[PDB]
There are 2 protein chains.
Amino acid sequence: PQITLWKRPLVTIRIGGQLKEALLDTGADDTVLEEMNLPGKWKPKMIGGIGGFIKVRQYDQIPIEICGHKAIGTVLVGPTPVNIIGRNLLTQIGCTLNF
Amino acid sequence: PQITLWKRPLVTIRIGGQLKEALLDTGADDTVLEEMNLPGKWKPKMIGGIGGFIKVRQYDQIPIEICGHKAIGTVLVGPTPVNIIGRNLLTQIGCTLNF
Ligand SMILES: Cc1c(O)cccc1C(=O)N[C@@H](CSc1ccccc1)[C@H](O)CN1C[C@H]2CCCC[C@H]2C[C@H]1C(=O)NC(C)(C)C
């Protein structure tokens, strides 16, 4: 599909077969999800945005479907107010910016 | 153009007759530029991101040419690691997400 930017580009994602609303974010290098108790090993990480750094848990090779398109890769979990789909997964679904 | 996301979507902007690199950021509502002088009145504002809130200066009605496309709108100036072109100006240049 084509998504305009009049509003926040929010789409449904599926992770663990669970559905969430998430922001398609070309300005994020990484995918960052709201606190969730995901199974498996993880590694501590820090990521910086506007305002400073937050601590996140890095989970690798996690399947996640974005607007019906399958993806698998690294997902960071931490205290974000919004689920963020970053470039690592946006490339996997063939997402582009066009003007 | 069509821009893929294997690298950060950085483009050259021209603002106040000066060239800068800025990030095309669909996850940002607002446009936020690194410390710089812009003419005209500004007002103090606060904006929030992943790491928390920052203080910015809000300049309204500011011409910016983004990768050859003209916008005139609100530009926030403050402590950011990267120049960010947000949805307020991405919409003006006809930018969409596509997959
Ligand atoms: C989440 C993330 C990563 O995993 C890796 C790199 C950057 C980011 C990141 O937070 N990037 C942001 C741009 S600000 C930015 C800061 C530093 C470097 C590059 C960009 C997001 O694209 C936009 N970001 C998306 C989103 C992040 C969660 C909080 C709510 C919004 C806040 C919004 C944002 O910050 N908007 C402003 C108007 C304040 C600019």
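Chain letters correspond, in order, to the sequence lines: A, then B, then on. By the PDB entry numbering, chain A shows 1-99, in order. By the PDB entry numbering, chain B shows 1-99, in order. Because only heavy atoms are used, hydrogens play no part in the values below, and waters and symmetry mates are left out as well, while side chains stay in. For ligands, and for the atoms within them, numbers begin at 1 and follow the listed sequence.
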Worksheet entry | Drug name for ligand 1 | nelfinavir
Item to complete: State what nelfinavir is bound to in this structure, picking the chain with most contacts and naming it per the PDB entry.
Response: Protease
Fill in: Neighbouring chains of nelfinavir at under 4.0 Å, heavy atoms only
A, B
Worksheet item: Looking only at distance, does A/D29 have an N or O less than 3.5 Å from an N or O of nelfinavir?
Response: no
Discussion item. Any nitrogen or oxygen of B/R8, side chain or backbone, less than 3.5 Å from one on nelfinavir?
Written reply: no
Discussion item. List nelfinavir atoms under 4.0 Å from A/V32, heavy atoms only on the residue side.
Written reply: 1 (C), 4 (O)
Item to complete: Look up the source organism of chain A in the entry and report it.
Response: Hiv-1 m:b_arv2/sf2
Discussion item. I need the contact type for A/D30 against nelfinavir. Using non-hydrogen atoms and a strict under-4.0 Å cut-off, is it side chain, backbone, both or neither?
Written reply: both
Discussion item. Is the contact between A/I84 and nelfinavir made by the side chain, the backbone, both, or neither, using heavy atoms and a 4.0 Å cut-off?
Written reply: side chain
Discussion item. Check for me whether B/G48 has a heavy atom closer than 4.0 Å to any atom of nelfinavir.
Written reply: yes
Worksheet entry | Atoms of nelfinavir, numbered as shown, that sit under 4.0 Å from any heavy atom of B/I50 | 1 (C), 28 (C), 29 (C)
Worksheet entry | Atom indices of nelfinavir, in the order listed, that fall short of 4.0 Å to a heavy atom of B/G27 | 23 (C), 24 (N), 25 (C), 33 (C)
Worksheet item: By number and element, which atoms of nelfinavir are closer than 4.0 Å to a non-hydrogen atom of A/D25?
Response: 21 (C), 22 (O), 23 (C), 25 (C)
Worksheet item: For B/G86, is the nearest heavy atom under 4.0 Å from an atom of nelfinavir?
Response: no
